[PDB]
Amino acid sequence: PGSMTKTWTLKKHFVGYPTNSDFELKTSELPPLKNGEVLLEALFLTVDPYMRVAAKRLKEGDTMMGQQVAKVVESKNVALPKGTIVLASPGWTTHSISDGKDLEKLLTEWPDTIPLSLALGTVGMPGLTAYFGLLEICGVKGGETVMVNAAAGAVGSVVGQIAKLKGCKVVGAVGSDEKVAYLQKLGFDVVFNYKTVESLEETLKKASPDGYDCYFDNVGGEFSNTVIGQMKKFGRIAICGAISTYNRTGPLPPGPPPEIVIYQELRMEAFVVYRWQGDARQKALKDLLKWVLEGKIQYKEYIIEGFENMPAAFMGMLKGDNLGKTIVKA
Amino acid sequence: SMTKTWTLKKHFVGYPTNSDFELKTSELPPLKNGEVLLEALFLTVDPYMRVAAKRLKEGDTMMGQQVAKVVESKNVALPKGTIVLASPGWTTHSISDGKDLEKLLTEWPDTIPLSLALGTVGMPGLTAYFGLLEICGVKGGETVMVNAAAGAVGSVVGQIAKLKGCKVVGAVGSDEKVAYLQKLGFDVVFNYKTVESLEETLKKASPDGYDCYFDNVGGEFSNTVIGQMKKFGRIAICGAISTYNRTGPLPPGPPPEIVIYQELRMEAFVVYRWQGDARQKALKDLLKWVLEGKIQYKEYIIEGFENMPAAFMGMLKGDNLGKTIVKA
Amino acid sequence: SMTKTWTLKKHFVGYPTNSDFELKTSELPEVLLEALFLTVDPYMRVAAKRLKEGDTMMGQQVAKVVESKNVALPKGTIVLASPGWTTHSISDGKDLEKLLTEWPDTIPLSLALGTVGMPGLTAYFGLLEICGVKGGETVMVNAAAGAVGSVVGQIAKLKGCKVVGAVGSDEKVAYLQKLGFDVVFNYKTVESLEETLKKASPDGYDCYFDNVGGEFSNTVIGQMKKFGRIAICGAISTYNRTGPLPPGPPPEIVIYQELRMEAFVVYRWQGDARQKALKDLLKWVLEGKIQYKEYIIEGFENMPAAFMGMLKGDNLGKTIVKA
Amino acid sequence: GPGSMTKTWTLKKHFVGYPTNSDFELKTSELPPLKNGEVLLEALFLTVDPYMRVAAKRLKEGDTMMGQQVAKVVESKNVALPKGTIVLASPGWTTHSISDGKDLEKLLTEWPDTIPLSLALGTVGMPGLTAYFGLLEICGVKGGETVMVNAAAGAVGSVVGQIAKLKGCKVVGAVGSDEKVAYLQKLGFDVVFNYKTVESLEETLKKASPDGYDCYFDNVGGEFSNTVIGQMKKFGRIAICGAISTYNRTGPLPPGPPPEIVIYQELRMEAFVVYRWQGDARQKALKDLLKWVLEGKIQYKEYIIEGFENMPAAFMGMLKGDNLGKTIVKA
Ligand SMILES: NC(=O)c1ccc[n+]([C@@H]2O[C@H](COP(=O)([O-])OP(=O)(O)OC[C@H]3O[C@@H](n4cnc5c(N)ncnc54)[C@H](OP(=O)(O)O)[C@@H]3O)[C@@H](O)[C@H]2O)c1
Ligand SMILES: NC(=O)c1ccc[n+]([C@@H]2O[C@H](COP(=O)([O-])OP(=O)(O)OC[C@H]3O[C@@H](n4cnc5c(N)ncnc54)[C@H](OP(=O)(O)O)[C@@H]3O)[C@@H](O)[C@H]2O)c1
Ligand SMILES: NC(=O)c1ccc[n+]([C@@H]2O[C@H](COP(=O)([O-])OP(=O)(O)OC[C@H]3O[C@@H](n4cnc5c(N)ncnc54)[C@H](OP(=O)(O)O)[C@@H]3O)[C@@H](O)[C@H]2O)c1
Ligand SMILES: NC(=O)c1ccc[n+]([C@@H]2O[C@H](COP(=O)([O-])OP(=O)(O)OC[C@H]3O[C@@H](n4cnc5c(N)ncnc54)[C@H](OP(=O)(O)O)[C@@H]3O)[C@@H](O)[C@H]2O)c1
Ligand SMILES: COc1ccc2c(c1)c(CC(=O)O)c(C)n2C(=O)c1ccc(Cl)cc1
Ligand SMILES: COc1ccc2c(c1)c(CC(=O)O)c(C)n2C(=O)c1ccc(Cl)cc1
Ligand SMILES: COc1ccc2c(c1)c(CC(=O)O)c(C)n2C(=O)c1ccc(Cl)cc1
Ligand SMILES: COc1ccc2c(c1)c(CC(=O)O)c(C)n2C(=O)c1ccc(Cl)cc1
Ligand SMILES: [Cl-]
Ligand SMILES: [Cl-]
Ligand SMILES: [Cl-]
Ligand SMILES: [Cl-]
Ligand SMILES: [Cl-]
Ligand SMILES: [Cl-]
Ligand SMILES: [Cl-]
Ligand SMILES: [Cl-]
Ligand SMILES: [Cl-]
Ligand SMILES: [Cl-]
Ligand SMILES: [Cl-]
Ligand SMILES: [Cl-]
Ligand SMILES: [Cl-]
Ligand SMILES: [Cl-]
Ligand SMILES: [Cl-]
Ligand SMILES: [Cl-]
Ligand SMILES: [Cl-]
Ligand SMILES: [Cl-]
Ligand SMILES: [Cl-]
Ligand SMILES: [Cl-]
């Protein structure tokens with residue numbers, strides 16, 4: 001019955017970092033609800049680095065992709081009554097219609113003490129990425145020394161804290177002194193500003209002269225070439241992301257020295273978080289929520305108010321503004 | 001006095017965005033002796049501002065020139081109502097002691113907008129003038145390659161080349177720009193973003209090669225043009241706009257084997273090198289050619305000082321057809 | 001005792017040249033071993049960087065005992081030793097390795113340096129443990145006519161796998177086609193490597209036994225199946241590099257395809273697993289399932305030329321220097 | 001009447017990176033008898049030069065390697081070229097050749113007996129002419145400038161520095177070994193450093209001349225030149241002589257120089273080939289070079305390798321920095 005929505009679309013494909021002129025806000029009228037459908041109003045929307053890469057497959061005019069926490073504000077579906085909170089991925093839009101087959105309810109034990117926006121962060125997709133990347137790909141068992149970059153981001157910050165609660169030494173790389181201070185307060189063994197250190201090689205050597213057992217890699221590029229030169233024999237690399245290339249203008253940087261990869265017999269595996277489904281996934285979500293409640297994973301969010309500022313939140317996150325999960329409060 | 005000032009909130013990373021600029025308002029001090037209050041009429045945004053901004057401190061005013069009017073005068077040499085060129089930056093009002101100003105040509109007619117003092121009959125036009133006539137040294141009959149050919153500098157380069165008897169091959173970023181320059185009479189114009197092979201397109205435009213390369217773009221584009229320069233060909237290194245917003249390293253240089261065998265001469269320049277009589281002669285020549293119709297002028301005017309960042313960013317993204325001007 | 005020794009006069013810059021090597025003679029003062037067959041291997045190009053100028057080049061050899069002060073290593077015994085590029089050496093016996101007890105007279109002793117030696121074990125563990133082939137997979141192997149690659153392809157065939165092989169000459173294409181590899185092509189002459197791999201297997205590749213690295217591997221990665229495994233054995237296209245390494249593969253492809261890539265050194269496997277692999281390799285050669293070809297060069301004084309010829313792709317099979 | 005034997009180095013395989021021995025092949029052939037107007041030339045000294053690495057790419061496998069030589073007429077049916085005449089000829093890497101005389105060049109009439117004939121391939125030959133015109137016409141030095149020259153201990157660079165010194169210029173030279181540093185310091189170069197061992201190329205150039213560089217005689221290119229460009233004065237001149245850092249490169253070319261520096265500093269950069277200058281201008285420069293050598297203002301040093309059979313090794317060593325001065329092969 002006459003609903004209106006706003007939608008952020010891709011006006012121009014990104015060249016380097018996105019700029020404001022690459023996005024366009026549009027207003028449309030959604031149709032009335034059919035049988036079994038619901039009207040969803042966004043409460044929190046997420047912006048994520050993968051959107052920079054996936055945008056290349058969109059056509060100009062398409063809606064930007066993304067997930068959101070929404071509530072049902074109108075319902076013709078008995079399973080999804082008015083007021084129900086759900087996870088949905090209609091893209092950058094304030095209102096959408098769903099038949100119920102593309103939604104995901106929150107954990108039944110979701111308490112009132114934690115913001116709903118953590119369903120998009122530590123107790124959501126980024127937290128699951130840290131969980132499986134560190135515990136399954138690296139396979140940490142306790143006592144390892146873990147190198148994690150973008151350590152103050154949504155994924156990296158959870159990687160470090162899970163590593164700490166599992167008995168690991170953590171060396172974290174971040175892009176500002178404010179982020180260094182925050183992670184030092186959390187208790188990370190060594191944290192440094194990769195933008196200001198005189199030599200990345202010497203900083204990593206001093207942080208762990210014996211080398212690194214695991215490398216949770218979010219950045220790639222020249223940074224990873226240096227870390228690879230300090231991996232222990234049989235060292236494991238979880239190839240989570242390569243954000244240093246997402247906004248690159250020229251050709252990719254050189255690859256890591258193969259003589260080091262082979263002599264050290266490194267194991268390097270990339271992964272997508274959606275690989276894990278069913279029981280393993282549900283167990284990981286329950287563990288993440290439990291650790292947040294127990295205080296072993298502290299929660300910090302970088303909230304930006306206003307749907308109209310979503311392009312600016314996406315661009316700021318890519319440029320390192322965010323401390324914790326970047327969230328847009330509708 | 002009340003004034004608006006655009007400042008650099010954050011150093012650019014890639015293309016500028018709105019969050020990189022901040023509008024500030026200030027109260028200028030009273031006019032002292034020999035000082036005047038200038039209120040902006042037209043402001044210019046230029047690609048060099050993207051590169052020069054790196055030496056500003058966060059909070060500083062963006063640099064730039066403007067055509068301004070005297071609205072208050074305590075200096076007899078600059079009476080109220082005088083039109084001048086000044087470079088206080090992105091600001092609506094400023095105070096000057098008079099020693100850093102430049103009057104317009106004494107014979108400036110009312111039939112041409114004052115904003116061309118920032119364009120074809122100003123700094124961009126002088127850039128095209130000296131780069132083509134003194135660096136390339138065109139005398140008539142040469143084949144000239146010019147990129148960003150629909151911009152402030154490139155469009156003047158092509159038309160001066162045409163009136164000097166040169167063949168002009170121009171590269172632009174949209175089909176609209178292809179049509180405009182073809183209407184002006186450029187011999188060959190193409191859209192570098194859509195052509196299947198830049199190497200093949202340039203080869204057909206001139207199988208004999210290029211005597212001069214007026215380079216506004218740089219990067220991989222120039223590597224290809226260099227591969228088709230005639231022996232002893234001259235390159236005027238005016239700009240390298242394809243690198244101004246780069247995040248990573250510069251692209252490879254041209255193959256030295258071609259540069260050496262072809263014995264190319266490549267000279268960069270800043271327009272302010274030319275002063276005094278040579279410069280004044282060039283300004284008079286540009287004005288004369290505009291009046292005679294040999295240089296048609298097109299402007300990309302954006303109204304509102306508050307849209308000045310948006311004009312800067314639109315220019316960097318190729319929105320402008322002609323000189324980008326902000327009407328105060 | 002007196003011996004011949006090839007030493008490193010100058011660190012390599014690009015491909016080695018003769019001026020980078022120097023033939024020396026020394027006076028030796030346990031057992032005395034005289035070399036019968038010596039190996040040259042690509043790893044020597046990289047490992048030479050940690051040698052000091054004047055040091056002996058590293059390497060393995062099949063040798064003969066010509067004098068004995070240890071009854072456990074009596075005169076006439078055939079052994080494997082790694083004194084480097086030298087015709088004679090002194091050893092206390094604790095760093096030696098006898099050949100398989102069931103070594104037949106029908107196979108040359110030089111295969112202890114090849115298919116039934118370190119290169120064969122490299123193919124064995126790289127394909128069966130790292131790739132984990134179980135039968136039915138499509139395996140991409142480059143340098144398929146080399147000591148390691150040729151064994152990789154033949155082990156894959158006897159396990160029921162499709163094999164796509166890359167080589168540097170038409171002669172190597174013909175030999176591997178005779179062996180029965182499903183597809184073999186000359187990577188130096190094909191018009192488009194991407195299309196050659198695409199046509200050779202439009203469905204993609206389950207495993208990649210990588211000996212070459214560089215831009216070649218970037219293209220293969222773009223055609224790996226999801227969860228595909230890569231055995232990072234070698235990167236010979238970079239060993240003689242003068243400038244910087246080429247770009248890596250596009251990370252969006254590596255991540256989306258969730259590839260598992262593990263490098264290995266063959267010496268990781270010891271004890272029972274290694275001895276089992278040696279017995280399997282010897283058995284497979286005798287049954288005819290692994291045919292052996294060797295590129296033998298006569299003369300210890302031509303050992304540098306064998307090393308350099310191997311790096312340039314002259315050799316078909318394991319490069320061996322007969323003393 | 002009779003027929004002579006000759007040896008010839010050919011290109012067996014195109015170079016990949018630096019050349020290796022297997023890329024060359026020595027062949028022996030029988031030259032035909034001399035016809036009227038022809039001479040038989042025996043090589044005395046042959047030159048190897050960096051350009052051969054690049055030009056070899058257009059040869060077909062089997063072709064003779066290109067190059068110049070000082071040769072002597074050992075048999076003549078040509079009255080203008082009697083027995084014993086010394087000439088420059090470019091038959092390639094070969095010990096003997098037949099010429100009709102139309103592609104030869106006699107030595108200077110005033111060539112003295114006190115200087116080796118091989119200098120006709122070096123300081124008083126093509127490399128010296130390269131330094132001469134690159135520094136005096138392309139850079140246009142007039143006296144008082146500060147000149148940056150790399151490969152400063154090579155055939156061209158060493159002459160560039162010494163001409164710069166006799167014209168009243170400060171010279172900063174870059175070389176690849178400590179032995180080359182010592183030699184050029186003895187010659188009197190103001191500053192000489194080993195670019196392979198210095199901690200920071202940028203800081204070394206800054207200290208060598210805090211005011212910047214008026215001219216850059218560029219033999220190297222690549223990343224080295226990117227750093228030199230960052231310290232050129234306004235209106236600085238660059239003579240693009242060579243780019244040897246790319247000749248044996250395996251991967252893609254290195255990044256270009258920062259355009260913002262090239263433009264802001266209004267640099268003038270011109271490439272040249274030495275053969276542009278012919279006739280009277282060339283003869284005058286040769287006379288100046290010979291005069292300066294005799295007066296001692298240009299000292300000559302040669303890196304001689306004896307044996308035609310070692311010509312590939314001399315070419316490869318020169319590319320790798322073995323040579324101090326002009327690389328020469330004494331037949
Ligand atoms: N399934 C998967 O494999 C999966 C899932 C989710 C995310 N990821 C990846 O994991 C990474 C983190 O994602 P997230 O959601 O946690 O984002 P995030 O870390 O919250 O934000 C991105 C951060 O990356 C850093 N960054 C940006 N450009 C950089 C550069 N050139 N070099 C170094 N650091 C740079 C910035 O922090 P600094 O100030 O520290 O630079 C920025 O804050 C991304 O690569 C993303 O694609 C992978
Ligand atoms: N040396 C001097 O004294 C001096 C003085 C003034 C200007 N300049 C230089 O001259 C050039 C033009 O200046 P202008 O004032 O006339 O600006 P303009 O051409 O009016 O505007 C810049 C134009 O460059 C083009 N462009 C942007 N990114 C590009 C890319 N990656 N590749 C190719 N073209 C691209 C766009 O047109 P398309 O649609 O063609 O992409 C855009 O319209 C700049 O390099 C500037 O720095 C030098
Ligand atoms: N422990 C280990 O992990 C281990 C042990 C042994 C060997 N390896 C590695 O496995 C590889 C094979 O060594 P090998 O002992 O079997 O000897 P090999 O295959 O005979 O190695 C030389 C061969 O490599 C090829 N090659 C050389 N340059 C190349 C290039 N740029 N691109 C492609 N192919 C090139 C040539 O054959 P084509 O021209 O036909 O390609 C040449 O015949 C090497 O990378 C070596 O380091 C690893
Ligand atoms: N345009 C012309 O007409 C013309 C004519 C002749 C020569 N040239 C050029 O001038 C240059 C010198 O030629 P030349 O006959 O005098 O040879 P040269 O300097 O006598 O010998 C070459 C020298 O270059 C140096 N070198 C090699 N690779 C290098 C690298 N990657 N980086 C830095 N230096 C490197 C080595 O000295 P270090 O140990 O100091 O590195 C080596 O000794 C070459 O670029 C050549 O192509 C041009
Ligand atoms: C790609 O850069 C290298 C460098 C050194 C290498 C290898 C590869 C390989 C593998 C190969 O590539 O063949 C080996 C075996 N390396 C050794 O030096 C070595 C020697 C003795 C022992 Cl016990 C273990 C290792
Ligand atoms: C940087 O790539 C090259 C390629 C070929 C070159 C040169 C440089 C130079 C300059 C140099 O670098 O020495 C020369 C002289 N080339 C010739 O092959 C040649 C030979 C004979 C004549 Cl008459 C003219 C040119
Ligand atoms: C590095 O280039 C990419 C490109 C696209 C990507 C990712 C990474 C990642 C991983 C990451 O980097 O976050 C994800 C998740 N991509 C998706 O577009 C996507 C979206 C929804 C689903 Cl259900 C599955 C995949
Ligand atoms: C490509 O990197 C740069 C960097 C700075 C530049 C320029 C180009 C150009 C040339 C151009 O690109 O337009 C100019 C004019 N720059 C200035 O900052 C400047 C400002 C005022 C004066 Cl008086 C003199 C110079
Ligand atoms: Cl599109
Ligand atoms: Cl570093
Ligand atoms: Cl270790
Ligand atoms: Cl906090
Ligand atoms: Cl900036
Ligand atoms: Cl600052
Ligand atoms: Cl093209
Ligand atoms: Cl020409
Ligand atoms: Cl005029
Ligand atoms: Cl070495
Ligand atoms: Cl050493
Ligand atoms: Cl291809
Ligand atoms: Cl697949
Ligand atoms: Cl997926
Ligand atoms: Cl003689
Ligand atoms: Cl050929
Ligand atoms: Cl440096
Ligand atoms: Cl200066
Ligand atoms: Cl190159
Ligand atoms: Cl001396």
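Below, read A as the first sequence line, B as the second, and so on, with proteins coming before strands; counting in each chain starts at 1. Order of listing sets the numbers, starting from 1, for every ligand and every atom in it.
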* Say which drug appears at ligand 6. => indometacin
* Name in UniProt of the chain with the most heavy-atom contacts to indometacin (ligand 6)? -> Prostaglandin reductase 1
* To do: Find all other chains that place a heavy atom under 4.0 Å from indometacin (ligand 6).
  => B, D
* Where does indometacin (ligand 6) share space with the UniProt NADP(+)-binding residues of chain D, that is, which have a heavy atom under 4.0 Å from it? -> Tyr247(D)
* Nearest protein heavy atom with distance in Å, relative to atom 17 (C) of indometacin (ligand 6) -> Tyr51(D) CD1, 3.9 Å
* Asked: Can you list the atoms of indometacin (ligand 6) that are under 4.0 Å from a heavy atom of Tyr275(D)?
  -> 15 (C), 21 (C), 22 (C), 23 (Cl), 24 (C)
* **Proximal indometacin (ligand 6) atoms for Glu257(B), defined as those under 4.0 Å from one of its heavy atoms** => 1 (C), 2 (O)
* Interfacing atoms of indometacin (ligand 6) (cut-off 4.0 Å, heavy-atom, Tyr247(D)) -> 1 (C), 12 (O)
* Can you list the atoms of indometacin (ligand 6) that are under 4.0 Å from a heavy atom of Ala55(D)? -> 18 (O)
* Asked: Relative to the heavy atoms of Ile260(B), which atoms of indometacin (ligand 6) are at a distance of less than 4.0 Å?
  -> 1 (C)
* Asked: Just going by heavy-atom distances, which of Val54(D), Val273(D), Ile240(D) is nearest to atom 5 (C) of indometacin (ligand 6)?
  -> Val54(D)
* Out of curiosity, is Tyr261(B) lining indometacin (ligand 6), as in a heavy atom under 4.0 Å away? -> no
* Counting only non-hydrogen atoms of the protein, does one fall under 4.0 Å from atom 11 (C) of indometacin (ligand 6)? -> yes
* Extract the binding site of indometacin (ligand 6): heavy atoms, cut-off 4.0 Å. => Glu257(B), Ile260(B), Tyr51(D), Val54(D), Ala55(D), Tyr247(D), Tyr275(D)
